[PDB]
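Chain A is numbered as in the PDB entry; the shown residues are, in order, 152-495. No hydrogens, no waters, no symmetry mates; every other heavy atom, side chains included, goes into these values. Counting starts at 1 for both ligands and their atoms, in listed order. Heads up, header says this was done by X-ray crystallography, 2.0 Å.
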Amino acid sequence: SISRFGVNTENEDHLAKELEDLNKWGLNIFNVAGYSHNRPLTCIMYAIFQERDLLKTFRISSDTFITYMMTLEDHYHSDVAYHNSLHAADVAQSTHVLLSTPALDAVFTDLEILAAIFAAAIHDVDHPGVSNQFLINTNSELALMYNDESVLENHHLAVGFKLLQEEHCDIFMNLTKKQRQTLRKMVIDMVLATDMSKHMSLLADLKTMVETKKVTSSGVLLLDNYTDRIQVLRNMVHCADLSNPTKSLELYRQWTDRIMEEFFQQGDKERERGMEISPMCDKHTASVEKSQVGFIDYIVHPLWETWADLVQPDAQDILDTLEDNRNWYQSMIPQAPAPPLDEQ
Ligand SMILES: COc1ccc([C@@H]2CNC(=O)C2)cc1OC1CCCC1
Ligand SMILES: [As]
Ligand SMILES: [Mn+2]
Ligand SMILES: [Zn+2]
């Protein structure tokens, strides 16, 4: 319902144009935020759920869905540069596209689809804009409560599920106990897997799964066991979370400006509190370009190359864009006299 969004017909028309790319990697979530009074997570999630008929399938009224999403979105910190609702909306939409990749057609159940998109939406809720290590070093009550393990990730899950209890917010009210327990188990698994400290582990397990891929005649992956399905799902959400470098440079650059701004803000807090400044959190000694190239070579590319192998050739374009953006940042590093603007 558009009136909940407070959007007039003029901006609704603008939104309709942007949403033409709802099922595409090229969607511009920044534009979506701009035409939705900065409620991109709720807008894109409502769009996704309408698109996939999830509201009908799981009997979620639009009232309950929008009330919960608007409540959840409000728990993302708009003053945090990167980990705000715009990033969550981006991850949810990116996950929405990955679920529809050809190679995974008809592989997942509706509940698993609901679980992955929901996980993407709540995966960074109430993020304070500082790392787990910062919370641990300041003796944060949050770190004490979670025993320094996946502190924020555990917190994101607790908040996401806890908000279901506010007035008219239980979007899972009509799922059976069994369905809720299974969805909850999957969501917890997917959000916990977003902890970067688990990256190498997730990657190894993904590669070791691709080595024994069981594909059908049509080239459609075959995943009969739950264990394999949830491993593909946690890696999928993890890929969406690290999809910024795979988007058009216009979007990627905005994501880079934001993550750097957030790191610098943490660096400011560390300085303010008499703490040593963390790596890449000092604006005066930061190497944005170099950091992005390293980030891609050592983390993003290794991950996407493996995913693209699992769903080949679905992710070829994404792989090309990534490498294209990687080289752009490479030649952008101060002091690089090799076609300084787009390649080797
Ligand atoms: C656009 O870049 C980046 C985008 C996203 C992230 C993190 C991954 N998971 C998150 O939720 C935040 C790091 C980035 O860059 C790194 C390399 C240099 C700074 C940190
Ligand atoms: As909308
Ligand atoms: Mn995170
Ligand atoms: Zn995230």
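- The drug name recorded for ligand 1 is rolipram.
- Per UniProt, the macromolecule in most contact with rolipram is 3',5'-cyclic-AMP phosphodiesterase 4B.
- For atom 4 (C) of rolipram, the nearest non-hydrogen atom from the set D408, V242, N395 comes from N395.
- Nearest to atom 9 (N) of rolipram among the protein's heavy atoms is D392 OD2, 3.5 Å.
- At the shortest separation from atom 7 (C) of rolipram among protein heavy atoms lies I410 CD1, 4.5 Å.
- With hydrogens left out, the protein atom closest to atom 12 (C) of rolipram is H234 NE2, 3.4 Å, a heavy atom.
- For atom 14 (C) of rolipram, the nearest non-hydrogen atom from the set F414, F446, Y233 comes from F446.
- Lab note: most residues of chain A in contact with rolipram fall in UniProt domain PDEase.
- For atom 8 (C) of rolipram, the closest non-hydrogen atom on the protein side is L393 CD2, 3.3 Å.
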